[PDB]
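Looking at a structure with metformin today.
Convention: sequence-line order gives letters A, B, ...; per-chain numbering from 1. The figures here come from the full heavy-atom set of this structure, side chains too, leaving out hydrogens, waters and symmetry mates. Whatever order the structure lists ligands and atoms in, that order sets their numbers, starting from 1. Displayed portion only: the contact tally does not extend beyond what is shown.
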Amino acid sequence: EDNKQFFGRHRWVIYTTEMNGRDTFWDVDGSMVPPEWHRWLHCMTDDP
Amino acid sequence: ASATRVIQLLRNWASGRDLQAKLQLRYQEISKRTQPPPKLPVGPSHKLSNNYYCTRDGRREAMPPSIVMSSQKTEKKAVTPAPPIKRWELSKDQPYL
Amino acid sequence: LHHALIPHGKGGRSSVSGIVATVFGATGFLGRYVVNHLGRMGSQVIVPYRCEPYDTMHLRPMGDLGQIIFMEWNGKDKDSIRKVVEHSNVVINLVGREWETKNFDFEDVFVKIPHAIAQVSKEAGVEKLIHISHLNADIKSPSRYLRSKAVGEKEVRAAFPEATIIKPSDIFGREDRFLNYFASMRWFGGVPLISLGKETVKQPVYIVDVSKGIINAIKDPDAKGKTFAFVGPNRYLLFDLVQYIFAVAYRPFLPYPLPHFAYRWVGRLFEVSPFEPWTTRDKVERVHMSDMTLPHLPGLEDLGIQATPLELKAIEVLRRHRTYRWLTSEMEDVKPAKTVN
Amino acid sequence: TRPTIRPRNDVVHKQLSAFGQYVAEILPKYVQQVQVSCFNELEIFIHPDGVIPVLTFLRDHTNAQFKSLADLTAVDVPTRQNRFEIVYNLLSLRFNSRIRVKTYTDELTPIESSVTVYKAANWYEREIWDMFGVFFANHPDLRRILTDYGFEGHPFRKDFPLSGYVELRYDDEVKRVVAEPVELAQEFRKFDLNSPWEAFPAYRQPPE
Amino acid sequence: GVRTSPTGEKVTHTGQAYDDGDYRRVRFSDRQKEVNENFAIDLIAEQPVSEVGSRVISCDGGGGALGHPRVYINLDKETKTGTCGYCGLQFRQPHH
Amino acid sequence: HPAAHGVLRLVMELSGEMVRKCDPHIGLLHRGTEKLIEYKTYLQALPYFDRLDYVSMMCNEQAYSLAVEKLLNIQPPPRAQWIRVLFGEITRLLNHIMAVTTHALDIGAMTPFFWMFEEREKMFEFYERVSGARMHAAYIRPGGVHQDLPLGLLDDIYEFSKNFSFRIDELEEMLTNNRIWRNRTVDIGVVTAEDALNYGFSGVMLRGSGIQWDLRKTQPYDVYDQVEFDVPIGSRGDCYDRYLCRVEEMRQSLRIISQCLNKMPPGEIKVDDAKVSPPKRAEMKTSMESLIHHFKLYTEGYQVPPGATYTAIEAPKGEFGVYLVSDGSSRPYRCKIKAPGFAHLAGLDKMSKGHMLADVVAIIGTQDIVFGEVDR
Amino acid sequence: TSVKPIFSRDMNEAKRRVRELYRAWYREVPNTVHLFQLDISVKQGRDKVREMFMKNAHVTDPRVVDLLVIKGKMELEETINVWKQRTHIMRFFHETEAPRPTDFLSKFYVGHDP
Amino acid sequence: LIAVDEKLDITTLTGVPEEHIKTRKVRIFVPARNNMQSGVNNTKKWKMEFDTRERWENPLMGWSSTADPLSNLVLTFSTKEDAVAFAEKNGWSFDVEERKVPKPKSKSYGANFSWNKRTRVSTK
Amino acid sequence: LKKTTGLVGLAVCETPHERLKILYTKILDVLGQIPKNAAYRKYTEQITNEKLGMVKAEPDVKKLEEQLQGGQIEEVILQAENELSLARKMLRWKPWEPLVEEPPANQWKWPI
Amino acid sequence: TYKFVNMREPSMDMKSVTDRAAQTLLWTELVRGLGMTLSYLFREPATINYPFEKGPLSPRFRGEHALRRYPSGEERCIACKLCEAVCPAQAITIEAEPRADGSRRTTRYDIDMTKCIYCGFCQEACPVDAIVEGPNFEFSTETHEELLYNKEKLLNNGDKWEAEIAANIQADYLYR
Ligand SMILES: CCCCCCCCCCCCCCCCC[C@@H](O)O[C@H](CO[C@H](O)CCCCCCCCCCCCCCC)COP(=O)(O)OCC[N+](C)(C)C
Ligand SMILES: CCCCCCCC/C=C\CCCCCCCC(=O)OC[C@H](COP(=O)(O)OCCN)OC(=O)CCCCCCC/C=C\CCCCCCCC
Ligand SMILES: NC(=O)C1=CN([C@@H]2O[C@H](COP(=O)(O)OP(=O)(O)OC[C@H]3O[C@@H](n4cnc5c(N)ncnc54)[C@H](OP(=O)(O)O)[C@@H]3O)[C@@H](O)[C@H]2O)C=CC1
Ligand SMILES: CN(C)C(=N)NC(=N)N
Ligand code: SF4
Ligand code: SF4
Ligand SMILES: [Zn+2]
């Protein structure tokens with residue numbers, strides 16, 4: 001998180017290099033995040 | 001935001017308007033995503049007395065349309081659907097662009 | 001019959017025809033037509049594919065939701081064959097290539113694969129097996145294609161005694177080889193023919209007629225272990241047939257006699273292409289060979305299908321090969337070719 | 001102050017009633033009935049052949065300058081002998097008012113086209129024809145506007161099924177889109193919603 | 001707990017399981033059958049029984065406005081526990 | 001065609017590049033909205049209006065709600081009416097942004113398109129906050145609105161309105177006095193006042209032609225009579241005058257938005273009549289009568305007294321009207337939708353006399369046709 | 001009396017209108033085949049026009065005849081202006097419909113249809 | 001300007017297929033009162049509904065499919081004569097059932113306490 | 001005097017009063033061929049005489065527009081021409097005759 | 001009130017005539033447009049770095065559907081069919097029967113996501129907050145069939161998104 005960026009880009013995520021059994025070094029999906037961090041990233045709330 | 005002082009002046013003279021005065025991006029000036037609980041009002045018909053649905057029944061006050069004239073059944077002045085509409089007044093805030 | 005196999009509806013796209021068919025080699029001409037007919041009926045279709053899934057995209061709109069299921073199979077993999085034929089009561093065999101590749105030959109694609117499919121189909125207890133052979137299936141034909149076709153037909157009959165073996169003569173249609181091969185000889189100057197094509201007699205059969213015969217063979221109760229010969233109504237000499245093809249395509253026709261050994265050498269040259277060859281020696285042999293007459297075998301009229309003449313459907317195929325000058329020309333302009341009856 | 005109930009406008013009701021009496025007196029040959037709904041909407045029911053005279057009067061009269069054709073539709077009522085009910089909505093900008101004119105017709109009886117009075121009537125009557133089947137006699141170009149080319153039947157009739165009779169799909173055999181009889185994967189589930197208890201006694205129909 | 005059909009196919013909590021001779025099992029080949037492991041009946045049976053000393057009790061599912069509409073259970077039948085049917089919760093008077 | 005606004009088969013008879021006749025073929029987006037409305041309940045017919053003019057969604061919803069409330073003889077609460085007006089003006093800003101930017105894109109300019117569509121993205125954020133859907137809110141319902149505003153929506157709307165006049169000025173700096181745009185849009189598709197009135201044009205078309213007529217000023221609805229704004233009037237009746245009128249309408253909509261933000265009243269957001277609007281969740285889960293009314297409203301719906309009405313509003317594209325006929329049941333008997341673009345596209349042939357292909361594209365842009373509402 | 005006729009009043013003039021429409025369609029099949037690049041013959045097109053005309057041979061009401069010829073003229077003018085595509089012209093032929101049997105035994109075999 | 005003696009027929013204009021014109025036998029009737037409720041507001045207007053056709057189960061999702069376009073079509077008419085006229089002019093077959101109106105019943109509260117008759121009630 | 005009327009296609013008329021008088025006189029002449037008992041004739045003749053009185057009484061254009069309450073003078077002239085055309089058509093139509101035909105038994109009943 | 005958008009006549013003094021002539025020859029307004037475009041170039045872009053940055057949403061957002069449970073684990077749905085009756089698109093199919101313990105539950109609960117219009121009427125008509133429109137919106141598919149959810153799929157979605165769904169319900173339910 002970086003509050004100095006404009007709203008929309010003030011929270012970002014770097015995805016894991018390996019999830020379950022897929023090698024996600026390059027192919028990263030927008031739904032890999034768990035539901036709680038998904039909510040925090042989409043800014044439905046304020047507390048992580 | 002974050003911009004070089006040279007770039008700020010370059011944009012300001014190129015655009016002709018102070019861009020930093022009204023930025024197009026949101027920087028912490030928006031409302032917090034988490035807000036305190038609200039309390040909506042109840043309404044006018046949440047009284048516990050003198051409140052019978054008979055006296056506030058909107059649907060039941062509708063009536064079949066009035067039959068002005070049906071074929072089955074001095075000098076009157078000619079009439080109009082309504083008095084003629086008044087001429088619009090020219091705007092005082094900005095009469096001409 | 002199982003409760004889920006009882007027919008229902010008015011035979012539409014969303015109906016239930018009670019047919020569960022595994023269509024081997026459905027990613028082709030006859031395969032796509034048969035799959036389209038089954039989907040139009042409203043049947044359960046299983047399409048085993050070994051190519052890219054992109055090459056099987058045109059089969060998706062041919063059936064309703066949950067009717068077309070795509071599975072991956074290998075030709076020499078009995079486990080995959082069993083996996084794809086486990087839950088189907090009809091198995092249709094259309095696997096075949098006109099050329100020999102590095103991994104698969106005429107023996108492999110016409111004897112080993114059909115026999116394996118028939119053997120595994122019997123193990124899974126499928127009710128009906130349909131197998132496509134060729135009309136000129138001779139045990140000692142000059143063409144290894146026809147030799148392997150006959151050997152594989154015998155092997156399939158041995159493995160699955162309750163089979164229906166279809167023997168079409170020659171398929172002509174939009175994606176066919178026959179008319180396109182004959183009409184693609186514009187580029188190579190003239191048209192080479194063996195003995196000017198005066199010794200070869202052919203009666204091609206329409207693709208839609210073949211597909212409808214395959215479909216009705218499934219629904220026919222007393223065609224369980226039979227052999228059918230699908231041929232057209234009119235027999236044409238090869239020279240007259242090629243002349244009519246070029247007349248309908250509105251292209252200059254310059255036929256010349258090419259000796260058999262020279263034609264064999266030319267076919268040998270054209271089969272070195274790593275991709276799909278334009279022509280091969282066995283293709284030349286099949287073109288030269290006349291269509292055998294087998295009156296004792298049943299046919300389309302016996303199944304319940306009236307044969308479609310070439311003249312009616314020759315313009316669907318050959319209109320693409322015309323130029324802008326003759327694109328708008330009608331079908332009635334070109335007179336029908338002379339027949340041999 | 002009765003916040004739930006909508007307010008009423010006696011003055012506008014009286015004005016509309018007076019104007020309805022006025023138009024009925026002016027045009028007694030065609031005007032059969034005049035009604036004023038409780039929400040101040042004047043409504044005139046006339047003979048079908050009076051469309052052109054009544055509309056021309058309401059458009060060009062000095063005391064009724066209804067120069068804008070708001071809408072033109074039809075209502076299918078199967079029980080009535082003249083099922084189709086042509087409805088004209090007119091707007092008078094000079095007097096800031098609206099009016100409605102209603103005529104009746106059936107499948108075979110033609111209604112005179114009002115394109116010579118209002119130009120929007122061109123497309124509005126094309127839509128009416130394409131949707132219901134009402135034929136307009138003198139029309140510059142009468143043909144389908146909304147339905148598919150070669151579509152059979154008029155969709156907005158109350159006797160026309162919701163899903164139609166045919167559907168479309170692509171048939172690889174003929175390399176073109178084909179039309180086949182409709183066959184839904186899931187049938188439209190019709191709901192019986194009407195309660196068996198009378199809601200509004202004010203609209204109770206006499207048992208004769 | 002998910003139960004296994006005689007054909008090895010997982011059985012849902014509503015008793016759904018394709019027959020051995022049903023062709024529709026072909027759709028699960030090279031794919032999976034979507035079955036949730038948790039069973040509501042098993043979980044609610046594992047839940048205990050509340051014991052309150054009143055003939056009439058109220059259940060709203062817990063949470064207030066976030067639960068089910070509040071209903072009243074009459075615990076006069078001593079041979080069985082009164083079960084709020086919105087949430088399937090049992091109540092019973094103390095026998096002691 | 002990219003300039004066909006998605007679905008329009010314009011059969012043009014060109015003589016070189018001039019236009020001899022235009023025969024617009026519509027119905028490529030005809031679904032059967034009126035038939036489906038006949039088969040659906042009053043509550044279930046609202047999203048159909050939400051999808052008619054998919055650029056003025058709150059405006060279509062407001063028109064339908066006004067029709068149903070007039071038939072029901074009820075009155076929405078003042079706070080609900082003020083929220084309706086505020087979101088109607090926000091939707092008008094959205095629609096005018098879309099129209100001007102699409103017209104500029106058809107002409108050949110795209111930077112204003114991108115800027116004003118970023119602004120549209122912010123307004124869609126407002127929509128998603130208030131309702132939960134970015135485009136099709138289904139928020140305005142007969143008897144009021146669905147839910148009350150969140151506790152920061154007014155502040156964020158104030159910020160957006162404060163930072164939008166500069167965007168309008170930037171848009172004007174690129175097209176208003178540009179000679180290329182002036183040549184493209186001046187004296188193109190001139191329509192006289194009498195022709196516009198007869199052909200049934202409404203809204204910006206009439207104002208450009210010079211007609212001093214606005215529904216919000218002449219037949220006020222909701223609390224539009226309680227706000228002050230100016231109605232732009234054209235002088236020449238061409239594309240340039242209509243563009244100027246639309247920009248000035250954007251500015252006046254900003255005025256109305258400011259007035260609504262300053263004058264927002266407190267109270268409930270739907271009619272206090274549980275036989276028309278469903279009760280709150282707490283009342284439904286604690287009160288027997290409230291639960292019964294919730295059940296009946298969401299299963300059968302509310303009955304509407306028999307009768308026919310025609311209500312019209314000043315939607316951003318013109319006069320949007322609904323002619324609703326009820327037979328006393330819970331589902332409408334008939335519903336005719338008078339879209340503003342229908343008459344305009346009917347009159348497209350007249351406006352394109354003597355013009356060329358580019359001028360025809362410009363005339364389509366200035367007519368601002370949405371084929372969802374055109375075809376219904 | 002007092003019944004408004006759409007056109008042509010009595011039946012003879014309606015038959016005249018029918019013959020005019022049939023002539024107009026007959027002199028259009030070759031153009032339809034040429035323009036749309038149909039695979040059918042001109043004779044097949046004329047036969048189909050004759051069939052579509054003959055399926056209303058039992059009409060005895062002049063107003064219905066007038067409405068039928070009006071709709072036929074609309075469809076004719078749609079074909080000339082190439083507003084229709086090859087799709088609709090071939091929809092006139094039902095080239096993909098399965099043959100529904102009309103005998104009682106086959107109808108009993110296939111399903112519950114009357 | 002013609003006579004009106006001849007029957008009206010709009011089958012050739014409605015666009016309905018010949019199958020659904022010839023093989024359809026609609027039913028004209030006043031709907032039976034829902035026996036679960038004592039309201040009679042749904043027994044006022046005549047109805048016209050079509051014969052039930054085949055419904056099967058979808059191979060996927062097990063939904064109920066249909067091939068009858070007019071399965072859900074129910075028309076409401078003010079009177080039997082109007083319903084019959086509409087059916088005749090649209091060419092369908094029809095079967096008409098007359099209205100079943102309850103006969104008057106003589107109710108008396110005093111009969112619940114009869115001196116000698118059997119109508120006396122044993123409980124309230 | 002005014003440069004433009006503010007309406008496209010509505011040209012400024014340099015002789016308002018003469019045109020208004022001529023149009024109203026023509027309208028009154030047309031109304032003389034309509035039967036005396038006709039309800040249409042009395043109303044339009046009354047309103048025309050009321051409007052023809054104002055033009056003959058006020059020479060000022062702006063005050064005339066204010067008193068007529070029908071918009072600008074060009075709009076008034078257009079309304080007069082439309083009224084003249086309507087009067088001619090009505091003389092052709094003759095709608096003062098009795099009703100052509102009553103509707104069927106229950107034609108306008110609703111709901112039904 | 002009304003205003004004239006374009007009714008301002010130009011002046012005719014020599015200074016203004018020369019200024020207009022200079023504008024006609026020397027493309028002053030064109031240079032002004034260039035300057036505006038250059039300023040927008042030198043500004044900062046408003047593009048987020050998807051998928052590493054997600055756009056803002058609200059607790060009222062309506063996305064993928066789900067079926068919830070009570071904290072005890074029991075299903076919330078009681079097969080009241082209000083969602084089925086109120087669904088505008090008729091995308092919900094419900095079939096029920098008494099359970100082994102007599103509970104009123106569902107045997108078939110199907111939502112056709114290709115037929116749903118995502119309007120939220122089902123979650124507002126649910127008397128026990130069983131069916132909800134969860135926050136998930138990225139559930140695209142390569143095949144049509146997988147977009148026909150059933151009871152098992154909806155229960156799996158509810159179990160996966162239970163925490164976020166509960167948080168959204170807590171944040172929003174006071175407005176309902
Ligand atoms: C005249 C000769 C021909 C001229 C025209 C052709 C010139 C070709 C020159 C070489 C082109 C370079 C291409 C290689 C770029 C690979 C970049 C790297 O990222 O590839 C990744 C790995 O991809 C594959 O593993 C390999 C890609 C191709 C690698 C090179 C292939 C062989 C190159 C030499 C072939 C022979 C060249 C001579 C004949 C043409 C794919 O990343 P991706 O997953 O998507 O991104 C996910 C989304 N992110 C960004 C958010 C993370
Ligand atoms: C090295 C490269 C330099 C690049 C310069 C970039 C300039 C800015 C780039 C943006 C311009 C690109 C878009 C321009 C397209 C439109 C331009 C344009 O229209 O100009 C034409 C415009 C006229 O068109 P309209 O006004 O529209 O006519 C209709 C009137 N209603 O003006 C012109 O004709 C331009 C002519 C050049 C002006 C020359 C003036 C100089 C004359 C004085 C020289 C005197 C020399 C001799 C005197 C010596 C005395 C001792
Ligand atoms: N058309 C003709 O000239 C006539 C053909 N026949 C016979 O009818 C059948 C169908 O003919 P047709 O459609 O023209 O042929 P195609 O070449 O067009 O189709 C053959 C099909 O079999 C598949 N296939 C080929 N080789 C293998 C392999 N080694 N393993 C697995 N699958 C394979 C292909 O799939 P993929 O693309 O994935 O390799 C393709 O789907 C053949 O048996 C043919 O002999 C009979 C008479 C005339
Ligand atoms: C789809 N809509 C509304 C468009 N304007 N489209 C377009 N391509 N310009
Ligand atoms: S969101 Fe609306 S359309 Fe979708 S399932 Fe729920 S009620 Fe039906
Ligand atoms: S509204 Fe809720 S409780 Fe009722 S059937 Fe639907 S999901 Fe179940
Ligand atoms: Zn409980």
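Looking across the whole structure, one can locate metformin at ligand 4. The chief contact partner of metformin in this model is named by the PDB entry as NADH dehydrogenase [ubiquinone] iron-sulfur protein 2, mitochondrial. Chains touching metformin with a heavy atom below 4.0 Å, listed by letter, come to F. The set of residues with a heavy atom less than 4.0 Å from metformin is F:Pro2, F:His5, F:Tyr54, F:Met98.
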